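Below is Lipase 2 with penfluridol bound.
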Number of protein chains: 2
Amino acid sequence: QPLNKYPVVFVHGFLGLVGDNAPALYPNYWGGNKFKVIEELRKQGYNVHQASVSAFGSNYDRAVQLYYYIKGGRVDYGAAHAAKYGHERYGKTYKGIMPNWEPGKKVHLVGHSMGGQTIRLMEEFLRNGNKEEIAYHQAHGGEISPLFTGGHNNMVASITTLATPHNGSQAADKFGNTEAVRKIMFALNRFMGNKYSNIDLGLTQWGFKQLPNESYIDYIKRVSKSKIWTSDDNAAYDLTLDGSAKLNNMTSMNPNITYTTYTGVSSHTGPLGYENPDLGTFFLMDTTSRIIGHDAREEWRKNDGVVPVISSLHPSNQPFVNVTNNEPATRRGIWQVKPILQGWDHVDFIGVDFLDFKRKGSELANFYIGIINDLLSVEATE
Amino acid sequence: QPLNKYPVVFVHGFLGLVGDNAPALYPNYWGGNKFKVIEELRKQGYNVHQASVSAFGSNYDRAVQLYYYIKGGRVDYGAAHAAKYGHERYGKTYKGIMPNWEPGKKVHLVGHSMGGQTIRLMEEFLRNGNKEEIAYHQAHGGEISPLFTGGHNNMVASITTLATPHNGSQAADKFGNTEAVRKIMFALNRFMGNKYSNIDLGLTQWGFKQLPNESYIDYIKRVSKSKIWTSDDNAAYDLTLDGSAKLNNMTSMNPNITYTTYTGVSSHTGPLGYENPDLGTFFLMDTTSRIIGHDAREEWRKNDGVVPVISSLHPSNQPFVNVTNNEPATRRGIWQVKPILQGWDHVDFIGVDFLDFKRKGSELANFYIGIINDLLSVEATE
Ligand SMILES: OC1(c2ccc(Cl)c(C(F)(F)F)c2)CCN(CCCC(c2ccc(F)cc2)c2ccc(F)cc2)CC1
Ligand SMILES: OC1(c2ccc(Cl)c(C(F)(F)F)c2)CCN(CCCC(c2ccc(F)cc2)c2ccc(F)cc2)CC1
Ligand SMILES: CCCCCCCCCCC(=O)O
Ligand SMILES: CCCCCCCCCCC(=O)O
Ligand SMILES: CCCCCCCC(=O)O
Ligand SMILES: CCCCCCCC(=O)O
Ligand SMILES: CCCCCC(=O)O
Ligand SMILES: CCCCCC(=O)O
Ligand SMILES: [Ca+2]
Ligand SMILES: [Ca+2]
Ligand SMILES: [Cl-]
Ligand SMILES: [Cl-]
Ligand SMILES: [Cl-]
Ligand SMILES: [Cl-]
Ligand SMILES: [Zn+2]
Ligand SMILES: [Zn+2]
């Protein structure tokens, strides 16, 4: 039936709210009003889906969630993890987009920003399990999620990342992951946990869901005991240079996966060799783009508004090859780095910068069809 | 005390809310965060004030309000006017910025956008009165506002307009003044008339103030009988080409007043000769700028986002002279048209386009100091 034999799953980044989980008025993550990625690709007979995972969660939490989004079932963050960081072991339960998913039946994964990292970690679990959970179920018995076992191979065909901060971002180091702003993010999570809320910002495993019979004051009190406030098991940390490195150190190349990356630049070189945001950089990334572009290390300055170019091209100590826009991106085992997209900012990739006339919908539709083509190629070269 | 012998009054345009009449979070009309016009000019020892008049009212209503803003007293729209259009004769009562205002004590008037038109009409009344009101107080006796008398001369030194649609705007013709959107504007006015509201959008004379003991349902009912819904005595109409023409036809040059205009361009010529908004044009003017720039008459296309250049330069049927930036603008009796400011949009003039880094505060401060200088010149060349 569908033109693509393996389904394509699009994995949003940090703060990503998609589908039924967005506010009443809110931009549409995958494509904005420029190109309705899911709807349009479907009209053209491609099987495509958009995952919904934790907007504020760590990559670990998101990676677990992603698995359950595809496979269906009750999120199991694993007993050891839960115990280490101090959050619920079990989480939401998902219908499952592909309940038969197992070695043999494959999926294409494309991830925007932090979605890139999430995809990589999930494949890690599939192939090589989770050591701490294997170890814990060794010592203490019990049931273990298959996700954490290892040996599940031949389940992901491609990993493709749009503006992913593979090597982290100064924006996280010097802003996002600071004390003051973590407290804000957590407060937002606390609030949207109120008994009148219909959105899930993704930190409920930490106890940010008010019980229907509990006062807001008791809620505040209950939840201020949560480890979330001082924990590292959260998105803000995973986006730092340290945080991202950790994930790099614990991942490896799957030689049957077709790995490909895209990158944007949206800064320009200023008086002293520092980088400043172009007019056209979506305005909410103004300050981050300046923090990044004023980095002491010079090669860390060119940025797309929140991710510097070094960070996006490839995870820094993994194999990569520079690639052409015309040549087929068909090499397994190595990070095929597509040429930098001049004047695309972080959010241009998902078409939500309605302020930027220079980034037209027909352009964005080419880009996504581009990606589907590459994917079709991967399918045809097995 | 003050470096300027005659006070400078800045008159905001359509939708203009200033001072104590703005919402909790709301941009500051005169200068935004770029250059606090009123506060800064004062720090440098200039006597300057910001008028507060009807945001949605006709030029007539605003002109009357302006007079009372300066002079102090209870707004009197005049009995014949009130009767003709079908709205309260009396309105808010103003403390008075300048209680002694009379021939001999003069004021400098600078108006942004529709503020330009309002200033023109008020001076007309001062000099040549209102015929309808003269006539009606003839037939039916009573008291008459001094504004409508005529013969009050030598009271305004200068009229200076920033991006005023002297000849109206297609944006009004094809959008602002349509049936559907007038109804929206009026609903907003109706709502902000509620008994919990602290802002005055300027249409209360039409009955849009809920009485403290009246239900919202009775309010809706009472007010749906108001002439406002189908009247022309409103801003949206006065901003149309017809509407603006009417004011042109009934105004004339006072040869002791120093008339000066500024204009912005913020569109660029496309493939087929039509004009499109530059990146940098404040985003709320996107659609208007396209409507204007796609006009059949070609000379009506270059625009600042909502006002086409033909409209801003000078009222089309009145005397004007092109001027240089250095040429001191000191000619009485004729519209001294300053050279177009390239890449200034409608709102750049008042510094509220926080999205536009290209428009710096130091630039805006020069422009305003510019204006004060010209005014000082007018003072010194009497
Ligand atoms: O700040 C971002 C970030 C990314 C990575 C890192 Cl590492 C960091 C860090 F480190 F600094 F914290 C920060 C995340 C979100 N930012 C703006 C969000 C846009 C928003 C939007 C976009 C897509 C949607 F589906 C829904 C809403 C929106 C709002 C209003 C609107 F009119 C249009 C769009 C861009 C970058
Ligand atoms: O729409 C406008 C118009 C003008 C003339 C005509 Cl003729 C027509 C018509 F009729 F054709 F439709 C329409 C009026 C106001 N528009 C945008 C409002 C700006 C707003 C602002 C401005 C001044 C303030 F003191 C405070 C806020 C604001 C909002 C948010 C923000 F982040 C910054 C500024 C621009 C043009
Ligand atoms: C009859 C009064 C209800 C008007 C409709 C809603 C207005 C909002 C009231 C604001 C507030 O209570 O702070
Ligand atoms: C408050 C000034 C009038 C602007 C109306 C047009 C804007 C609607 C387009 C949607 C958007 O703002 O993204
Ligand atoms: C991110 C802001 C959410 C918008 C709230 C407006 C709701 C409404 O008026 O229906
Ligand atoms: C098109 C109507 C505009 C008001 C609501 C949209 C706000 C948003 O961009 O989320
Ligand atoms: C940009 C429109 C301003 C209208 C003022 C208000 O809604 O209170
Ligand atoms: C928070 C983003 C700016 C305002 C968006 C809009 O009015 O469409
Ligand atoms: Ca952009
Ligand atoms: Ca601008
Ligand atoms: Cl939210
Ligand atoms: Cl499995
Ligand atoms: Cl919830
Ligand atoms: Cl009121
Ligand atoms: Zn966790
Ligand atoms: Zn009136």
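A, B, ... follow the sequence lines: proteins, then strands. Residue 1 opens every chain. Counting starts at 1 for both ligands and their atoms, following the listed order.
Counting every copy, the structure places penfluridol at ligands 1 and 2.
Chains with a heavy atom under 4.0 Å from penfluridol (ligand 1): A.
The protein atom (non-hydrogen) at minimum distance from atom 24 (C) of penfluridol (ligand 1) is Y29(A) CD1, 3.7 Å. Near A172(A), meaning under 4.0 Å from one of its heavy atoms, penfluridol (ligand 1) places the atoms 10 (F). Within the 4.0 Å heavy-atom shell around penfluridol (ligand 1) one does not find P165(A). At the shortest separation from atom 17 (C) of penfluridol (ligand 1) among protein heavy atoms lies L284(A) CD1, 4.1 Å. Protein heavy atom closest to atom 11 (F) of penfluridol (ligand 1), with residue, atom name and distance, is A171(A) CB, 3.6 Å. Annotation for penfluridol (ligand 1): atoms under 4.0 Å from non-hydrogen atoms of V306(A) are 4 (C), 5 (C), 36 (C). The nearest protein atom to atom 27 (C) of penfluridol (ligand 1), hydrogens excluded, is given as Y26(A) OH, 3.4 Å; this is a heavy-atom distance. Counting protein heavy atoms only, atom 14 (C) of penfluridol (ligand 1) is closest to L15(A) CD2, 4.0 Å. For atom 7 (Cl) of penfluridol (ligand 1), a protein heavy-atom neighbour is found at a distance under 4.0 Å.
Taking 4.0 Å as the cut-off, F354(A) counts as a neighbour of penfluridol (ligand 1) on heavy-atom distance. Distance check for atom 31 (C) of penfluridol (ligand 1): a protein heavy atom is found below 4.0 Å.
Residue-ligand proximity, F282(A) to penfluridol (ligand 1), at heavy-atom distances under 4.0 Å covers atoms 31 (C), 33 (C), 34 (C). Taking atom 22 (C) of penfluridol (ligand 1) as the reference point, the nearest protein heavy-atom neighbour is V352(A) CG2, 3.8 Å. Listed by atom number, the atoms of penfluridol (ligand 1) under 4.0 Å from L239(A) heavy atoms are 7 (Cl). The protein heavy-atom contact nearest to atom 12 (F) of penfluridol (ligand 1) is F14(A) CE2, 3.4 Å. According to the PDB entry, the source organism of chain A is Staphylococcus aureus. Atom 28 (C) of penfluridol (ligand 1) has as its closest protein heavy atom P27(A) CG, 4.1 Å. The set of residues with a heavy atom less than 4.0 Å from penfluridol (ligand 1) is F14(A), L15(A), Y26(A), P27(A), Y29(A), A171(A), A172(A), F175(A), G176(A), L239(A), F282(A), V306(A), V347(A), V352(A), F354(A).
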